[PDB]
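Just below is one structure, and these are the notes that go with it.
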Amino acid sequence: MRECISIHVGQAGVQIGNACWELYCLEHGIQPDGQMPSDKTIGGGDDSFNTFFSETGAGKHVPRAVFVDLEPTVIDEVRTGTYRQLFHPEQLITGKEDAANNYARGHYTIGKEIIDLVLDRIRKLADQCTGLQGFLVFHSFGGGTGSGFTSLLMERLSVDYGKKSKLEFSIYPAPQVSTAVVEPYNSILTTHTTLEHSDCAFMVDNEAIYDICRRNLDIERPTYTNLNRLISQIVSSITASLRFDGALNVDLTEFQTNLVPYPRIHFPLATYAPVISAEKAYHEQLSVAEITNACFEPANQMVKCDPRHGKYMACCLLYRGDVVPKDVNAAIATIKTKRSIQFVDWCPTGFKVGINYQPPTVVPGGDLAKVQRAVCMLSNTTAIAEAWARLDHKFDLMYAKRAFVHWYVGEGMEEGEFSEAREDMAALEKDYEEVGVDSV
Amino acid sequence: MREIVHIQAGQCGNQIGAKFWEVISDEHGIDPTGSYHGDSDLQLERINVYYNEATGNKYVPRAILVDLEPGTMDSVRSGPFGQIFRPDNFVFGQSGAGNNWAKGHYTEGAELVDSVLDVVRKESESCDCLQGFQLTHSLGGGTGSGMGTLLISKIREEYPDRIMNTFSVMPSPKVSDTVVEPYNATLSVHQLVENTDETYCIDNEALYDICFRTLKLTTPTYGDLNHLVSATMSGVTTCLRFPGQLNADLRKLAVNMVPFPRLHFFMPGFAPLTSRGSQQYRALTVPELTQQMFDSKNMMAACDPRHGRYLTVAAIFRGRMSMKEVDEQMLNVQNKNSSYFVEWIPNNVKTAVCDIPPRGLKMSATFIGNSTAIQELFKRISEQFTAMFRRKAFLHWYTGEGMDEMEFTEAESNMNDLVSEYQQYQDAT
Amino acid sequence: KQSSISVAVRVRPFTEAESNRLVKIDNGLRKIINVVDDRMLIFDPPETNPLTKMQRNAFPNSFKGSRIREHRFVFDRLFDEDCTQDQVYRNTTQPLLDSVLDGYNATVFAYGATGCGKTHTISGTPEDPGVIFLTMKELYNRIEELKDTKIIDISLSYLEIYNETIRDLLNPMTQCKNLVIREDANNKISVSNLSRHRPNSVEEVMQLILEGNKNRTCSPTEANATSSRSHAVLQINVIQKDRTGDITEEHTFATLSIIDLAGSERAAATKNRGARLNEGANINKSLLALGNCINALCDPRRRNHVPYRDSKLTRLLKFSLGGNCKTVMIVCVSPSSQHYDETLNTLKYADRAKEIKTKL
Ligand SMILES: CC(=O)O[C@H]1C(=O)[C@@]2(C)[C@H]([C@H](OC(=O)c3ccccc3)[C@]3(O)C[C@H](OC(=O)[C@H](O)[C@@H](NC(=O)c4ccccc4)c4ccccc4)C(C)=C1C3(C)C)[C@]1(OC(C)=O)CO[C@@H]1C[C@@H]2O
Ligand SMILES: Nc1nc2c(ncn2[C@@H]2O[C@H](COP(=O)(O)OP(=O)(O)OP(=O)(O)O)[C@@H](O)[C@H]2O)c(=O)[nH]1
Ligand SMILES: Nc1ncnc2c1ncn2[C@@H]1O[C@H](COP(=O)(O)OP(=O)(O)NP(=O)(O)O)[C@@H](O)[C@H]1O
Ligand SMILES: Nc1nc2c(ncn2[C@@H]2O[C@H](COP(=O)(O)OP(=O)(O)O)[C@@H](O)[C@H]2O)c(=O)[nH]1
Ligand SMILES: [Mg+2]
């Protein structure tokens, strides 16, 4: 089988998960109460939903998810909402306060009081998986829970599993926009978990999605729901090859093999090209070439970084809908003719391509238009280092005076860690500068 | 689940607390008899934060009313919401403090502190998880400052790892209803700087200015000032009681706003304040609220932020609004007013958003600033304190109750050290 | 003008047990500490013999181990494994005996993690007495030498800081609320209700030290069965006046402070937790405050305001760290890899006093 286990940690993770599971239920015909009408109507027995759901004898489809948060508020919103009957009642909550935006509470003091329960539920889920493919972890770098507890959980999962893949879909701090004063500390301290215990980490910036919503969808006042829906579409694109048929199917192992050249360079950039409102869906052809060109536009990147200031190390184009391979080959040739899109000299091939026959499904009340074609581009490039460097500068401004450090050291974290993480981040930056240099 | 214990001390604290409980009961649908007659299921979802459930589907506030005379207790009991409080929580003596810090801290408050702490202990172990405490009082008086500081010390000893807030009414330079305010204020700030995680400084002068200018009231009374303070108090705790896009409990605000342990004196403010007959002339939107929060006239602490730099700010919004708008408005405030924000903190503004606005507004916002301008308040007290302490003006009333001049010198030194620490992070560096 | 604060780091020698436990791989343990000069230290050097195959990858051909863990620390004073306690005593605490005999204050800090060797240094064995014994012995010898033309008087106190509360060690009965710090107008700090003792020789001083150490607030089940959860401050007040000189109402005063610091703690080691989390939090906060104070004092710029009031320990030593007072800091570190992470933290704590950039 082709199972995947989703782990949503913190407020950002849980809300992205709400969007994700809404989308998956709509894609597979599952209703919020968990019942599939197509089973009783057509007859069933010829459907593939095991990647994200487990079927009981009575016909209820329980998602393979584990929602975790150190405060009850967001999960309590989940258990009173439309999807209260979907999830197993074991949605994990600490019966105490949150991490208060500091890594120490999520890692050392308050996070140790649910880690056993979380690992027990992950055990119970994985034992029901015959063909487990990997973990999909959702969190935020800038949060206390989404840094400390995700670090602790991924340490434990690496100790327990090791061989299984682990994919992060994290919300990285924006250059200018922010919603907390101690984001640089939490995000720097999260470098170890996302560099040593992950296998492919996808980073997303709220400012980039805000600009995408403004420019493309014509939404001057987007809230977090639109961001979560767009991220959900990206995750649906990544995991579509495990659920539907296609001319070229790309599972997680093939994708990682083609995209990760060395064990440490596993921080690609995602891009969903045909983000278009219904009004602009007309007046546009939305051909394969146009969407592939839109992928490489710097304005459409989901991280505030300029790909023109770096060299692409690898690319993976995952197409959905009415796409023929020859159109993709023509588009890739057009991209290779362009000079602004520079590839390293040691990856002459460059492009991994997958094609799927299932077009994207539109959520009612959503912003994206109904499109016959879609593509998700996952690009391993050296420009992403810029997004790190800015963050490091913020850290260097606060740690010089040891501001806000007493909160961290008063919850079981030694001071030297603040330096150590920074050093690790610097080392990572050096690697990203040492791979783009051309061969002698 | 995140229970707060509210303690009222002195006349000012008791009156602010009575108005605050009226406001919170209206917010949660609790009637004066203690029954729930709301219209939405969110009010009862987190009622345990401020209330305990009594048998007949009743809700008793988790409040403790303290004083050294029974007049204010009689006033609160006879008020509209006097019958909602637990009678055992009313703790009072018979001999007052007489506007003396020593009486309410050494002689007449020391006798009553055991009873008050017994009630506090009873109200603490009945909670599934205690978030922290919440004291309302004034520093310019006797029993307020004295018993509040004593209870702060003893609760901090008993519950060292729990949040302790304090909504303390500073004395003002212009408004002065008491002659010995500087001594009491200095002796109380000596205790608050060491045993509190958040101290929300409030001044009667700033509240009167808000009433005269923003609200255009002709004859403001203490009810209106208590109304403003209660609005801020309700706003601070909004994310512990209602859902939102960005949740921020008290500890998160403390972590974001307190760069160093002793810099925890905050200026509060409430955004949508407008005069009746001038509400149809404005569009209640996020930019208007943001412009009103950072205006010098909207602060409740009687300090000019233009005479200093913001170490940190926290904006707690309530209502349906887009996160993009809030993020750009905060970035615009910081970029346009870069001179009033420290350079060695890149983002100075913690942001929280709650999905349920107050009852009659489509949106609202609470401002909590940590700036160096608060320095000025302490400076003013010193300028009075020394002028009274160089000659030992009204000092025998304090030394007669076992105090020494060493305590006065220590308090003055600590307050000047706090002033120096705030002044350190003001100039460009 | 000059650096009154001086940092001394001491490297202990492998114990025969450890020297034969896992160093056999060399013929797993390795000397992560390398000593090059009296002011130079290399942490985690790339001195392993079978190592070329690793930088075959670290260079731009296989990015799996490109991280560089070699650190280069510089300190005012460094003691290798071969140096004995006499050199440490001469080069760290002996000059302070002059200043206290001259009139100025003096301070000694002792820091390290478990197994670092701090006890051997400060306390030592009866055959090999520690630094404290030598200091007090020479102090009393100097007093006997200056018995003519001057009279000296020695007062001893020994307190501990635990959970930001003071606790007399020589008079355990006194309650904490009674012990309060007081700043006189003479720029002197005195703790109320201190049990001051007048020992007559170094034997009595050591006897008082063991009597106090019997009472220290320790707890078991940590890497060491008798780990310390408090900062122990021993104060020796020297008050002297001319014997046959001018009989005037003026006698000169000085203090020698010796502070044994509790080691920093990472809750990750703790599992069951409880009040020990509170103890660790207080210890870590106090160490952070002390580091901030020392760094500000060394820095010419930030010392317009030094955060003395952030902890009781720094508040007590307000007039024992500045320009006039001479401060020394003995930081004992281990070379075994078994204590790798902890040692790094220790090496990072000492470095903060003066961030001497060794890239030059
Ligand atoms: C026509 C209209 O929109 O009515 C408003 C109103 O006119 C204005 C002027 C209200 C009004 O407030 C005042 O007149 C006032 C006077 C002195 C001091 C403080 C307020 C209002 O009374 C106040 C009242 O506010 C509330 O109901 C809030 O929930 C408030 N709670 C209470 O006022 C309250 C007090 C005692 C018992 C029950 C409720 C609150 C505020 C913050 C946090 C929690 C609750 C509102 C909507 C109005 C009136 C009625 C005219 C204002 O009040 C607030 C706190 O928002 C004053 O300026 C604002 C903006 C409003 O436009
Ligand atoms: N894209 C997106 N980002 C979100 C969402 N909710 C929160 N965030 C981001 O999360 C960052 C802060 O981290 P939080 O999610 O609040 O941390 P937390 O998970 O609540 O952990 P605690 O602090 O312990 O409560 C902010 O910068 C937000 O931009 C969301 O719904 N969508
Ligand atoms: N500097 C040193 N010179 C010689 N032997 C040493 C030295 N440091 C430690 N040892 C030896 O190694 C043993 C273990 O170190 P030890 O001095 O007992 O640690 P400790 O000081 O008790 N640890 P801690 O109090 O947490 O700093 C000692 O008992 C000595 O036998
Ligand atoms: N906001 C408000 N302030 C008050 C009130 N009553 C008194 N004050 C202020 O508090 C000061 C008197 O302190 P008070 O609380 O009466 O002293 P206490 O009785 O010993 O606690 C005066 O300077 C007033 O400015 C009130 O009802 N509301
Ligand atoms: Mg949260």
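In what follows, chains carry the letters A, B, and so on, assigned in the order in which the sequence lines appear, proteins first and then strands, with residues in each chain numbered from 1. We count ligands from 1, going down the list as the structure has it; atoms in each ligand are counted the same way.
Most-contacted chain for ligand 1 in this structure, per the PDB entry: Tubulin beta-2B chain.
At ligand 1, the PDB records name the drug as Taxol. Lab note - other chains with heavy atoms under 4.0 Å from Taxol (ligand 1): B.
Relative to atom 1 (C) of Taxol (ligand 1), the option among B:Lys362, B:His227, B:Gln279 with the closest non-hydrogen atom is B:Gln279. Within the 4.0 Å heavy-atom shell around Taxol (ligand 1) one does not find B:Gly235.
The shortest contact between atom 37 (C) of Taxol (ligand 1) and any protein heavy atom is with B:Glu22 CG, 3.5 Å.
For the pair B:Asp26 and Taxol (ligand 1), the shortest N or O to N or O distance does not fall below 3.5 Å. Contacts between B:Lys19 and Taxol (ligand 1), counted as non-hydrogen atom pairs separated by less than 4.0 Å, are absent for every part of the residue.
Among protein heavy atoms, the minimum distance from atom 55 (C) of Taxol (ligand 1) is reached at B:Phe270 CE2, 3.9 Å. Heavy atoms from both the backbone and the side chain of B:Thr274 come within less than 4.0 Å of Taxol (ligand 1).
Inclusion of B:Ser275 in the set of residues having an N or O under 3.5 Å from an N or O of Taxol (ligand 1) is not warranted.
Considering only non-hydrogen atoms, atom 43 (C) of Taxol (ligand 1) lies nearest to B:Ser234 out of B:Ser25, B:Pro80, B:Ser234. Lab note: binding site of Taxol (ligand 1), heavy atoms under 4.0 Å, is B:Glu22, B:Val23, B:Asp26, B:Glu27, B:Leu215, B:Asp224, B:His227, B:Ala231, B:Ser234, B:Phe270, B:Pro272, B:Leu273, B:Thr274, B:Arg276, B:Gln279, B:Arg318, B:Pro358, B:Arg359, B:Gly360, B:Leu361.
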